[PDB]
Novice: 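I'm reviewing an experimental structure with primaquine and have questions.
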Protein chains: 2
Amino acid sequence: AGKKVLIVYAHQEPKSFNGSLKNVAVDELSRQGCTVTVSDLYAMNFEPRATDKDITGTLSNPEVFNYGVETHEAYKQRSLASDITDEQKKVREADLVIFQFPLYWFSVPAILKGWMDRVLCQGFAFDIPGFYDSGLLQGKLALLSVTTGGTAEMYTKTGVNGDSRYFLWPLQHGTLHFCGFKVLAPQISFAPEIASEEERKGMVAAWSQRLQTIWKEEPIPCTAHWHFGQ
Amino acid sequence: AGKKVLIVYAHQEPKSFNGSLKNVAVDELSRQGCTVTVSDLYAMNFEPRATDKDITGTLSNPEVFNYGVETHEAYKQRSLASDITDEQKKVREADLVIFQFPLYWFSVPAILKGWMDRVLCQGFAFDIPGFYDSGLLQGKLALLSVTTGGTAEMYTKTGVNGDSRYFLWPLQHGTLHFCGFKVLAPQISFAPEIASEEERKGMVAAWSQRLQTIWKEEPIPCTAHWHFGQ
Ligand SMILES: Cc1cc2nc3c(=O)[nH]c(=O)nc-3n(C[C@H](O)[C@H](O)[C@H](O)COP(=O)(O)OP(=O)(O)OC[C@H]3O[C@@H](n4cnc5c(N)ncnc54)[C@H](O)[C@@H]3O)c2cc1C
Ligand SMILES: Cc1cc2nc3c(=O)[nH]c(=O)nc-3n(C[C@H](O)[C@H](O)[C@H](O)COP(=O)(O)OP(=O)(O)OC[C@H]3O[C@@H](n4cnc5c(N)ncnc54)[C@H](O)[C@@H]3O)c2cc1C
Ligand SMILES: COc1cc(N[C@@H](C)CCCN)c2ncccc2c1
Ligand SMILES: COc1cc(N[C@@H](C)CCCN)c2ncccc2c1
Ligand SMILES: [Zn+2]
Ligand SMILES: [Zn+2]
């Protein structure tokens, strides 16, 4: 063993279904003997905005502000804001990063989008070269554990929302694969708010049970075909 | 014939390529006689986080906080935070909403994601029923004006990033169409950083030129087929 996990958790309410999925993950991975860390973004009041406050000391170009260039240079020069570098250390140490969130507008809640925007800077998460298969977080696993308002049936190719895989593309491919993660199959807990107690319990147990064997999983082929093909 | 436009703008730097695209839109729509409003999110320090500070009234359930439920009720009761209702007024009055932003992780910058999350609440933007074609913002047009780091070639079906339309899905369909907007074709200004100065000037002029006839355009068919093909 000796496996290290970071859970990046984005829900306001400890008693929520998301909260329970997060807690079951902590419980089960802790039981296994894994090293576990949680970034509870709302509790941390995590800053989502990409601004010039993310660089400490003198800017590379104080007259014209380019977030990408400034953060790349700040990473190289150990001059990023401590909230960012605190998260980078957690990611650097992790073998697996689990994202636990409710689907907001076919994507992550803004607080979690901000974590992605600000934490995954050039030089840390990807570079030229070093992206997609050679992304700098290569060797690590990532997994999206998402809850939805809509039902499984709505998230079908011919359903009103389209296939759930369609909304996964920017997250799994554009973000996680880009940074070199192997992407484990998403955990999608459909429509807990209208599910029965029994069904909800089932979904939480599926997740806990899945976690028992998470280290034996094969990553998905994070391709356009997987997301969009038949 | 008396058209109102809201530009929701998400860039930190007034001298940026995004800044120029926003300014030329203001100039050209102003020249046409349109009524124009801009929400400059970074300059506004717009709050992106969905939190219980977004409701000031008595909560429906003060023991277990459900953001969707509480904001829906707060919208009906008029106890939403005023920054949200300020944006809703701008949207309510607009005939066309243009979003001007750099692509961040195949999506919008977090500050703009937060605008979507917080402003487009139930009761205001959609109801149950009252979504997709019957969304509450029906009759309005929306348009994504996006800039990218990657080139046009990279954003094709056989390119490393996949086709550009793939990443539009959560924004155009999952968000805008869901709220009832008709969606005008996106403006994607590819890779301005790589482009020559002449090519950049060309991209800005192309947007201004397109705006001259924007009111004659038809919306796209905002469907899975449009985004993903056969
Ligand atoms: C801004 C915004 C945008 C949204 N966009 C979308 C979208 O694009 N697409 C979409 O489909 N949905 C969308 N939604 C809906 C959203 O995804 C769901 O509301 C969310 O996923 C529900 O998860 P939750 O943890 O908040 O559920 P909760 O309301 O916290 O949980 C549901 C029920 O499960 C119960 N529960 C908690 N723990 C357990 C347990 N251990 N065992 C059994 N029951 C338990 C809870 O008590 C509760 O009764 C959006 C919502 C918002 C606010
Ligand atoms: C957190 C983050 C995530 C990102 N994710 C992605 C992603 O998923 N996919 C992707 O492809 N890219 C991504 N990028 C790259 C990003 O999308 C580009 O950096 C951005 O789109 C560039 O637009 P800009 O306005 O910042 O360019 P600028 O750097 O401001 O513009 C380039 C040049 O244009 C010049 N200029 C300004 N106005 C004019 C004018 N009127 N005429 C001529 N020249 C002018 C500027 O002076 C500058 O020299 C990401 C960047 C960041 C920081
Ligand atoms: C595109 O689908 C949704 C669904 C939402 N919420 C519903 C499903 C209630 C949760 C289950 N009872 C959304 N809520 C807010 C904003 C966008 C939504 C989109
Ligand atoms: C986190 O930043 C990026 C940048 C990308 N593209 C390069 C070309 C940026 C160039 C502008 N300086 C991405 N491309 C694809 C997917 C994610 C990206 C993230
Ligand atoms: Zn991929
Ligand atoms: Zn659509």
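The chain called A is the first sequence line; B is the second; the pattern continues. For chain A, we keep the numbers from the PDB entry: what you see runs 1-230, in order. Numbers in chain B track the PDB entry; the residues on display, in order, are 1-230. Method on record in the header is X-ray crystallography, 1.3 Å. Counting convention: from 1, in listed order, for ligands and their atoms alike.
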Novice: Which ligand numbers or chain letters correspond to primaquine, including copies?
Specialist: ligands 3 and 4
Novice: State which chain has the largest number of heavy-atom pairs within 4.5 Å of primaquine (ligand 3), named as in the PDB entry.
Specialist: Ribosyldihydronicotinamide dehydrogenase [quinone]
Novice: Using a heavy-atom cut-off of 4.0 Å (strictly under), which other chains touch primaquine (ligand 3)?
Specialist: A, B
Novice: Which residue holds the protein heavy atom closest to atom 15 (C) of primaquine (ligand 3), what is that atom called, and what is the gap in Å?
Specialist: B/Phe126 CZ, 3.3 Å
Novice: Any idea what organism chain A is from, going by the entry?
Specialist: Homo sapiens
Novice: Does the protein put a heavy atom less than 4.0 Å from atom 10 (C) of primaquine (ligand 3)?
Specialist: yes
Novice: Nearest protein heavy atom to atom 6 (N) of primaquine (ligand 3): under 4.0 Å?
Specialist: no
Novice: At a 4.0 Å threshold, what atoms of primaquine (ligand 3) neighbour a non-hydrogen atom of A/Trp105?
Specialist: 16 (C), 17 (C)
Novice: Report yes or no: does B/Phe131 have a heavy atom closer than 4.0 Å to primaquine (ligand 3)?
Specialist: no
Novice: In the protein, which heavy atom is nearest to atom 4 (C) of primaquine (ligand 3), and how far is it?
Specialist: B/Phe178 CZ, 4.3 Å
Novice: Listed by chain and number, which residues of other chains have a heavy atom closer than 4.0 Å to any atom of primaquine (ligand 3)?
Specialist: A/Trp105, A/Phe106, A/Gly149, A/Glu193, B/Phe126, B/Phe178
